[PDB]
Amino acid sequence: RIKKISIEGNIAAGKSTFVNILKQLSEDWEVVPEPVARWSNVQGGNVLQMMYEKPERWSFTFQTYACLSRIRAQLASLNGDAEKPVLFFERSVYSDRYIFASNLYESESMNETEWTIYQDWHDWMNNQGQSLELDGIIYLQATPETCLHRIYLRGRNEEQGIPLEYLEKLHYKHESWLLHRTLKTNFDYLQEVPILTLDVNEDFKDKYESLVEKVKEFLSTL
Amino acid sequence: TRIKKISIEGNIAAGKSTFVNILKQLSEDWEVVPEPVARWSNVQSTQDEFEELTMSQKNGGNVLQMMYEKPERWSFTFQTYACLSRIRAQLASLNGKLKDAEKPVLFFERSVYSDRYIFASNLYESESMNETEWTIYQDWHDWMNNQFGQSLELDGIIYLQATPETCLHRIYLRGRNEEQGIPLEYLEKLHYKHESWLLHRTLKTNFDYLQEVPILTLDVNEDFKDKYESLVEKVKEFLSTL
Ligand SMILES: Nc1ncnc2c1ncn2[C@@H]1O[C@H](COP(=O)(O)OP(=O)(O)O)[C@@H](O)[C@H]1O
Ligand SMILES: Nc1ncnc2c1ncn2[C@@H]1O[C@H](COP(=O)(O)OP(=O)(O)O)[C@@H](O)[C@H]1O
Ligand SMILES: Nc1ccn([C@@H]2CS[C@H](CO)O2)c(=O)n1
Ligand SMILES: Nc1ccn([C@@H]2CS[C@H](CO)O2)c(=O)n1
């Protein structure tokens, strides 16, 4: 019943900022924030930090918890009577698996066993899920350079050592999935989901007017 | 459902598969969900529908071996997969077996409760899971049980009690490769966890109904022929009380 729109894009592209703006446009519109605070303080251990520090040890543990915490929050938001309700997800279980987890496996931060377990867990976990299927995707496109700068602006302690090259790899995965559309998932419906690509490289005064209305254009078509 | 759910609990090589797979012949209304141990020693995920036509399903990793070789590294990963693969197998069997049976009884080889309160809990207590790992695991376990509500709830538990020494001997008899280095001390710690949960019933769990769930305790230390009759009798009596 609720339209579910995922906001995708690289680390610090400006997804939280944008959706928190967008949501004031309508009482019918709510956000499900990416549960990053629950990753910083496991409840507490900093599993986010452990993964950045020791990715060969902690990537699988991190990735499983990330995805579980997202499903939990997204499902909780669907449960709690509006004209045209829209729920904006900050990222999705598909970016969890096909971007982040996948990149860790490609980097050898998860081994073949860990990647197999992750995929089997993800397959089953989402096959139960079901009510989380997306009606649309908004891709906020920023260059890895922009993302690096915004990382510094925001000042999340765990993120400060992130190298440009890591952001580059993440950028290429997003481009393969959402712009080139060469990234194959095993979720069949996903190949028919409309994607709205917004460029957010400029300082926010420069284009935010046009961006909000593009989202308005987009949502009325779903 | 109308299906009665009975868990069979007990230590490694106590004789649960053997007993229950012979017992289930006694009625066409009785079926078993085996423990997915083969899925743990050969880790595999689903093939794409076109890929499976031209590529074999290959032997994957052995997370069971990895856990035994290095518990402090692999325990969390193993326990998470163990529990997921169990829930998958049990749910599928609930929604598919014993359709139109008169008095259906599904016997589970162990339960999600033993996954958490025996095995995972033992690993945490042995410093094979750290606080972060143990917190994550418990949180995931809690959430999954909330989800299914009463689906997997047990009507009864059968506890097959065997000494750690007996279990150790039976491990050798069975000769599962990954179990061959298991020391008496590990079996003993597991034993004490079962006794607290099922016999003395002092072990507290996050699931209130468990404290009331009926438990049958069977001593399975004797050679199989020596007690089987008596055991079958006790199980039939127990089931008629549920
Ligand atoms: N368009 C923009 N122009 C200038 N700063 C931005 C812009 N979008 C986001 N920022 C700033 O960049 C940082 C990252 O934005 P945030 O929305 O937290 O990213 P994300 O949610 O994608 O990780 C924050 O400090 C934010 O205020
Ligand atoms: N009562 C018994 N007497 C002699 N052998 C037994 C008895 N119960 C089980 N066994 C043998 O012990 C080994 C372990 O039994 P199994 O049913 O596989 O244990 P579990 O399922 O509890 O791990 C097997 O080799 C099996 O044939
Ligand atoms: N499944 C996910 C989701 C997000 N991330 C990273 C680490 S936290 C940061 C939030 O943008 O993104 C991640 O590494 N894996
Ligand atoms: N959650 C579980 C379930 C079973 N085990 C062990 C390893 S496999 C063996 C089968 O009896 O038991 C375990 O270590 N953890």
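Simply put, chain letters go A, B, ... down the sequence lines. Going by the PDB entry, the residues shown for chain A are 20-62, 78-114, 118-165, 167-260, listed in order. Chain B uses the PDB entry numbers throughout; the residues present, in order, are 19-260. The way this entry was determined, per its header, is X-ray crystallography, 1.8 Å. In listed order, ligands and their atoms are each counted from 1.
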Say which drug appears at ligand 4. lamivudine
Just trying to sort out this structure - which chain has the greatest number of contacts to lamivudine (ligand 4), name per the PDB entry? deoxycytidine kinase
State which other chains have a heavy atom under 4.0 Å from an atom of lamivudine (ligand 4). B
For B:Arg104 and lamivudine (ligand 4), does the shortest N/O to N/O distance drop below 3.5 Å? no
Which UniProt active-site residue of chain B is in closest heavy-atom proximity to lamivudine (ligand 4), and what distance, to 1 Å, separates them? B:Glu127, 8 Å
Heavy-atom contact under 4.0 Å between B:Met85 and lamivudine (ligand 4)? yes
Check each heavy atom of B:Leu82 against lamivudine (ligand 4) and say whether those closer than 4.0 Å belong to the side chain, the backbone, both or neither. side chain
Distance from atom 4 (C) of lamivudine (ligand 4) to nearest protein heavy atom, with residue and atom: B:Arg128 NH1, 3.7 Å
Lamivudine (ligand 4) versus B:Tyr135, non-hydrogen atoms closer than 4.0 Å: side chain, backbone, both, neither? neither
Any N/O of B:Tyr86 closer than 3.5 Å to an N/O of lamivudine (ligand 4)? no
Which residues that bind substrate according to UniProt in chain B have at least one heavy atom within 4.0 Å of lamivudine (ligand 4)? B:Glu53, B:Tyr86, B:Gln97, B:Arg128, B:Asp133
Got the closest protein heavy atom to atom 6 (C) of lamivudine (ligand 4), with its distance? B:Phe137 CE2, 3.7 Å
Under 3.5 Å between some N or O of lamivudine (ligand 4) and some N or O of B:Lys34? no
ATP-binding residues (UniProt) in chain B with heavy atoms under 4.0 Å from lamivudine (ligand 4): B:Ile30
Okay, heavy atoms under 4.0 Å: who's in the binding site of lamivudine (ligand 4)? B:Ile30, B:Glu53, B:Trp58, B:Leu82, B:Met85, B:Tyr86, B:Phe96, B:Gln97, B:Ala100, B:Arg104, B:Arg128, B:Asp133, B:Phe137, B:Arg194
